[PDB]
Undergrad: 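Here is a complex structure; among its components: elacridar.
The order of the sequence lines fixes the chain letters, beginning with A. Following the PDB entry, chain A residues are numbered 32-92, 104-158, 171-371, 696-799, 809-882, 888-900, 913-1014, in order. Residue numbering in chain B adheres to the PDB entry, whereby the residues present occupy positions 1-131, 145-168, 170-194, 202-221 in order. Just so it is clear, chain C uses the PDB entry numbers, and the residues here are 1-44, 46-99, 102-130, 136-146, 164-186, 201-205, in order. Whatever order the structure lists ligands and atoms in, that order sets their numbers, starting from 1. Quick check of the header: electron microscopy, 2.5 Å. Quick note: numbers below take in every heavy atom, side chains included, and nothing from hydrogens, waters or symmetry partners.
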Amino acid sequence: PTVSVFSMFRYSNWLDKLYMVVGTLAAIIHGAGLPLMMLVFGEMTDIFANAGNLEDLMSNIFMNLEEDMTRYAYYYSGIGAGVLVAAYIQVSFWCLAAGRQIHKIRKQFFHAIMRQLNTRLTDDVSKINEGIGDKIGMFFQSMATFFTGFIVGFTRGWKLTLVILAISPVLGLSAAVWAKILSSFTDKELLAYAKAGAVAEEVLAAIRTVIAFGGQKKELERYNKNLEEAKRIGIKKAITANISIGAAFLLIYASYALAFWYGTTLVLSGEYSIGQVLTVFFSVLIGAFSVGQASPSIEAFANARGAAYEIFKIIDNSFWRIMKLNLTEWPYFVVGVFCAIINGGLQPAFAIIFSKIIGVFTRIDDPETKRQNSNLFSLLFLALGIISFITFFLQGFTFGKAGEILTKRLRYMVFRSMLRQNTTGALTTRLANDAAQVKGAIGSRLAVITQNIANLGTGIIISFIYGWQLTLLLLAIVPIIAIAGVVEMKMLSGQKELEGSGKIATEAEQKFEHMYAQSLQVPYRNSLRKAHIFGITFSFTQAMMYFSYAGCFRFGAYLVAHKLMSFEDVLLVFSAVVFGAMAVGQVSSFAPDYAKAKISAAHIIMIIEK
Amino acid sequence: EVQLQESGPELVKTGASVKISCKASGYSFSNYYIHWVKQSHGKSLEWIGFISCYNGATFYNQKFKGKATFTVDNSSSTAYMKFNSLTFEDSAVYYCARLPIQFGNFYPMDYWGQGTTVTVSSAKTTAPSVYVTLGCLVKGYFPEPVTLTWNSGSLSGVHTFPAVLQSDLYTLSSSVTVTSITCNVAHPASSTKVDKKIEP
Amino acid sequence: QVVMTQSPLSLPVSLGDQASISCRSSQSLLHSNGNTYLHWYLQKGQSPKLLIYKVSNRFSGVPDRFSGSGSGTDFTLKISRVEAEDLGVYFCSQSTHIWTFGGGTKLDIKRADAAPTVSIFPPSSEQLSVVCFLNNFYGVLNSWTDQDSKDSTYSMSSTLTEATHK
Ligand SMILES: COc1cc2c(cc1OC)CN(CCc1ccc(NC(=O)c3cccc4c(=O)c5cccc(OC)c5[nH]c34)cc1)CC2
Ligand SMILES: COc1cc2c(cc1OC)CN(CCc1ccc(NC(=O)c3cccc4c(=O)c5cccc(OC)c5[nH]c34)cc1)CC2
Ligand SMILES: COc1cc2c(cc1OC)CN(CCc1ccc(NC(=O)c3cccc4c(=O)c5cccc(OC)c5[nH]c34)cc1)CC2
């Protein structure tokens, strides 16, 4: 049922093999870039901490802080430029190799299907594409991140690295389950409606018989009995997916708690420094998470090898009216909006707790007081994890249940109005998709906006309180950091121009295959251009995350040295603003097209009021 | 174990310079300051200053600014203190102690070095003059030490008193007590072995 | 600069008995955070070893004989059973206002008094200077031996280029 790993790439020529080799080297280099970033970040933290401790000591009785921070700005910018180049080459070369091979495969498959099966020519080649393209570069980049992170961890601190080893299996498993849930989310949504979509298609295809025999009140009940099961499956999915991702968040925050309790123990015993702790922790944790994230790649490669089997065998042989739709679910919406506020407000709460536990180690104090404060802040990390688990689950569950109730109701009354009466394909799409997207204009929009406000608005407010000069500087790059998060999630998710050439294939010798070949030219060139365009977009938004470090901490060195701020405040502002922009991007990448959703709702309301 | 091994005793000419070291072992060198402390004979210890074993940032007691200089070799994990234009008032024992950077003065100096004695003298190598209770007066020599024995370690009742500076020249005396004898004085730096017999 | 004063410059003790060494600062050692940073070290040609820190906390690996007390400008170090590995110089250290140290207190073995065996010596005439020897008791210069390890008395030599005892 699957082809060979070597036989998968039999249409690659010398240029494609070169693209793969150089794209894999660039992937290794790109993946090695975040652990080196954490190494540099730890050294910078230690510079700041030592300066702060010495100033605290000599209070009653920062000279070189800016000079020392220029070098680290250079290191940050160098890693950022290297990552820019390497990410560009990786993404670009892997997309180009995949595109050239998929083009040759499409042409060969249509030549062979006629030298002698439409799904095998439309969707199976797309499965091969999804398998042999970006995902392989992702996989090598994530393997490099894992290995480099663990090398940096063991070289900087093996004791703390071992303590985080004890946890890394669960972290990689959480990341794997998370990424798999994200990958298969829409497929499961389409699969739940399968049994009711069959009834819908078979009734709408024989509508004359139905309204002639008067079986409207019975086909409605068949559809309803299947809609109940679709809704139950949707509720179960809303429970399990959200409980899994909430458990992942809880595990991340508990890892913070544990690693920082142990690391602060090692720092108070004099054996480690706080920058050393930061380096080890962030390196090992990000590596362990990257491993998990690299499992959709293996699933996709296996699916590509599965899809290539058949092919190669053949070849070889009003927003207020819309909201009023979902009005009876105001309890779910109240609970969900409350939970979305509490969920968004966890990024600034984390910024505060993190900056405080690190600022404990940037000024001198009694060892007993330092132990007490470190214990308190580790406990606060754990409490953050518990709260995030609960609120994430509740937000997801309430909004998903309201969305399921609304979808079932909309499908039901849409079918009832079609029966109390426009091709059958259009009607089945109105029932399968248009009814399932009206929730995107209500609950999804509400959740995304509430969470993003409670996150970035609160972050920016407390950042203006703690350090307004740095907040003003970082506000200029907030849009690019948010877009970086959006682009990164779109790149991980792997997210029409072939429909024109689907006609020449659906119709069907040499002339037909020549017409098909000529029809493929425009989408071929479009994909070859999109490869470069997306490579450069991704690489630039990735490098901006590295340049944010340089800018923020050079200006923070200036401010700390001139006494306008402390390193704890610089850390708080960095965390809050920068990673709240990143979280805003990551959350907004789950919001559906509000325009398409309003259009779907308009069509649904037309059909219902007809 | 935490250990701070200091260099050995030093005898220096007046007005010269000497650098003494403190080699740390058994802990993370860069998480501590090394403080330097001076003790003259019969006086309280006296803080000279400290240097950060992370970046080499120093702080000097006002009395010692310009008189001493701290440096750090992070590779070998050693700290150095160097004097300039030594004078006799710098004859003392110098200790190094470590202090955690995280706690500052909210913590004791938990581990100390064993001390380096520094004798600043301008005199030149000089051979001693050797002049019931009996005794020898080994007067006017340099530098210490000087081995005194009675009848070549034959004897109890001895009382070798410490050496005392008398105008840049040590003196020493002994005391044997026996009811009703040779006196061997060995000065290596002068390579002398004088054996006087006491006569009434 | 805080000045630290140790009351007994020399403390004759007896093996197995008790000893108490006092320290007094010219200014209160209580910090604004509620802690008092006074530490006690022992010195023997070896390195000084930390015994007590922050008035009363015993350092890691220090026997239970050593204890510390005191409040502000008045502190004490008590040794409950003076063993034989305790004879040395104890000194206090403050780190509240900053580093200054106390003058040190030497522990000495106590024994019954004795009288000096004074002995005079005229110049050996091989030159002149006159030498007095004051043995086994409990332009001039003096030199004292340390306490004898066996009989545990002192000796004194005086040289010029009376004996006022108790
Ligand atoms: C493709 O899969 C999915 C698609 C959709 C949903 C769930 C899916 O999978 C479970 C939820 N729909 C309803 C709207 C809706 C409500 C709430 C949210 N708020 C969240 O925080 C969230 C919720 C689900 C997953 C994640 C993440 O993975 C995630 C990953 C990294 C970082 C994050 O934040 C910092 C993340 N935040 C979330 C988002 C969206 C929209 C479409
Ligand atoms: C407070 O500190 C921290 C907090 C956090 C982290 C680290 C911290 O400290 C270091 C890590 N974050 C990490 C967030 C986080 C999680 C999971 C992912 N995977 C993917 O998107 C993903 C991977 C592979 C395949 C696919 C798909 O086929 C796919 C298909 C459709 C839709 C998708 O999605 C929109 C898809 N997605 C993926 C990324 C990012 C969480 C919060
Ligand atoms: C050069 O920097 C970066 C570059 C890139 C990313 C992250 C970077 O920085 C960490 C995202 N990558 C993909 C994997 C990936 C995904 C998500 C994360 N989430 C977090 O780490 C994180 C989440 C929430 C809150 C915080 C903080 O409050 C925070 C505060 C201080 C320092 C931090 O971390 C050094 C912090 N982290 C976070 C990390 C890694 C690709 C590009």
Undergrad: According to UniProt, what is the name of the macromolecule sharing the most 4.5 Å contacts with elacridar (ligand 2)?
TA: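 The chief chain, as UniProt names it, is ATP-dependent translocase ABCB1.
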Undergrad: Which other chains lie near elacridar (ligand 2), in the sense of having some heavy atom under 4.0 Å away?
TA: A
Undergrad: Could you pull out, from A/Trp232, A/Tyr307, A/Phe983, the option with a heavy atom nearest to atom 1 (C) of elacridar (ligand 2)?
TA: A/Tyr307
Undergrad: Specify which UniProt domain of chain A supplies the largest share of contacts to elacridar (ligand 2).
TA: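 According to UniProt, it is ABC transmembrane type-1 1.
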Undergrad: Run down the list A/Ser880, A/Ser344, A/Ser238, A/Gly881 and name the one with the heavy atom closest to atom 36 (C) of elacridar (ligand 2).
TA: A/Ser880
Undergrad: Can any other ligand or ion be found under 4.0 Å from elacridar (ligand 2)?
TA: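 Found ligand 1 (elacridar), ligand 3 (elacridar).
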Undergrad: With heavy-atom distances below 4.0 Å as the criterion, list the atoms of elacridar (ligand 2) near A/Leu339.
TA: 9 (O), 10 (C)
Undergrad: Is elacridar (ligand 2) under 4.0 Å from a heavy atom in the side chain of A/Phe994, in the backbone, in both, or in neither?
TA: side chain
Undergrad: Taking 4.0 angstrom as the limit and counting only heavy atoms of A/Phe343, give me the atoms of elacridar (ligand 2) inside it, by number and element.
TA: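 Numbered from 1, elacridar (ligand 2) contributes 13 (C), 16 (C).
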Undergrad: Applying a heavy-atom cut-off of 4.0 Å, say which part of A/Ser237 lies close to elacridar (ligand 2): side chain, backbone, both or neither.
TA: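 A/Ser237 to elacridar (ligand 2): contacts from backbone and side chain alike.
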Undergrad: Of all the atoms in elacridar (ligand 2), which lie at a distance below 4.0 Å from a heavy atom belonging to A/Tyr310?
TA: 1 (C), 2 (O), 9 (O), 10 (C)
Undergrad: Identify the transmembrane segments of chain A, in UniProt order from the N terminus, that have a heavy atom under 4.0 Å from elacridar (ligand 2), or say none.
TA: 3, 4, 5, 6, 7, 12
Undergrad: Taking non-hydrogen atoms only, is A/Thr240 closer than 4.0 angstrom to elacridar (ligand 2) via side chain, backbone, both or neither?
TA: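 None of A/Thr240 does.
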Undergrad: Taking only heavy atoms of A/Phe303, which atoms of elacridar (ligand 2) are found under 4.0 Å from at least one of them?
TA: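 The atoms of elacridar (ligand 2) under 4.0 Å from a heavy atom of A/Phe303 are 42 (C).
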Undergrad: Run the numbers for me: atoms of elacridar (ligand 2), each under 4.0 Å from some heavy atom of A/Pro350, listed by number.
TA: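 The list of qualifying atoms is 24 (C), 25 (C).
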Undergrad: Which residues lie close to elacridar (ligand 2), i.e. with a heavy atom under 4.0 Å?
TA: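 On a heavy-atom basis, the binding site is A/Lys189, A/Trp232, A/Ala233, A/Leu236, A/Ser237, A/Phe303, A/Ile306, A/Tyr307, A/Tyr310, A/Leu339, A/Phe343, A/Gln347, A/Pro350, A/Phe728, A/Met876, A/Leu879, A/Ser880, A/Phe994.
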